[PDB]
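Beneath this line is the structure, given in structure tokens, with notes to follow.
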Amino acid sequence: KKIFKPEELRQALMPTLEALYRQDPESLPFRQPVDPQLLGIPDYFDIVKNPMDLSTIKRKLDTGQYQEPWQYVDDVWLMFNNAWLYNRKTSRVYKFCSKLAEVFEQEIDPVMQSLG
Ligand SMILES: CO[C@H]1CC[C@H](n2c([C@@H]3CCCC(=O)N3c3ccc(F)c(F)c3)nc3cc(-c4c(C)noc4C)ccc32)CC1
């Protein structure tokens, strides 16, 4: 039973977020919030109720909004889940999402090792 102290957590989690950002081009569609007006997809917020993206995860990590690892993981998962939900499996964005989820599953493992 491990309970992370706040700044040990930020230092534990930030490398996993940097690993997502470092995927180029795969992280590019995820670096800023989806703007349905600019992209001419007005149904986006009908399907994606709770948007999430790397810039929002970064800001939340930087402002102590993740008190335990599972809250951070939840938001990362949410940004993947939204992208798989909204996009077709053949699309670049969908395949890029899968690449990032693959990276995340490797990079989050040491933190998970510490918890269990
Ligand atoms: C850096 O400026 C950005 C790059 C990605 C651009 N983009 C693009 C542009 C549109 C024009 C065609 C194209 O190839 N884009 C693009 C550009 C860079 C990419 F890495 C990429 F995978 C796709 N499509 C986006 C889709 C999404 C998306 C997500 C995430 N979930 O549901 C949807 C819909 C998000 C961003 C998309 C928008 C401007």
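Residue numbering for chain A follows the PDB entry; the residues present correspond to positions 1082-1197, in that order. Computed over heavy atoms, backbone and side chain alike; hydrogens, waters and symmetry mates excluded. First listed ligand is number 1; within each ligand, the first listed atom is number 1.
In this structure, the drug found at ligand 1 is inobrodib. Of the chains in this structure, the chief binding partner of inobrodib is, as the PDB entry puts it, CREB-binding protein.
Among all non-hydrogen protein atoms, the one lying nearest atom 7 (N) of inobrodib is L1120 CD2, 4.1 Å. The protein heavy atom nearest to atom 4 (C) of inobrodib is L1109 O, 4.3 Å. For atom 2 (O) of inobrodib, no protein heavy-atom neighbour is present inside the 4.0 Å cut-off.
Counting only heavy atoms of the protein, atom 28 (C) of inobrodib lies nearest to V1115 CG2, 3.8 Å.
In terms of protein heavy atoms, atom 26 (C) of inobrodib is closest to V1174 CG2, 3.7 Å. Among all protein heavy atoms, the one lying closest to atom 30 (C) of inobrodib is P1110 O, 3.6 Å. Checked against a 3.5 angstrom limit, the closest N/O atoms of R1173 and inobrodib fall inside it.
The source organism field of the entry for chain A says Homo sapiens.
For atom 33 (C) of inobrodib, the protein comes within 4.0 Å by at least one heavy atom. At least one N or O atom of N1168 sits closer than 3.5 Å to an N or O atom of inobrodib.
For atom 23 (C) of inobrodib, a protein heavy-atom neighbour is found at a distance under 4.0 Å. The dominant UniProt domain at the interface of chain A with inobrodib is Bromo. The protein does not reach atom 39 (C) of inobrodib closely, with no heavy atom under 4.0 angstrom from it. The residue-level binding site of inobrodib (heavy-atom cut-off 4.0 Å) is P1106, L1109, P1110, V1115, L1120, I1122, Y1125, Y1167, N1168, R1173, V1174, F1177.
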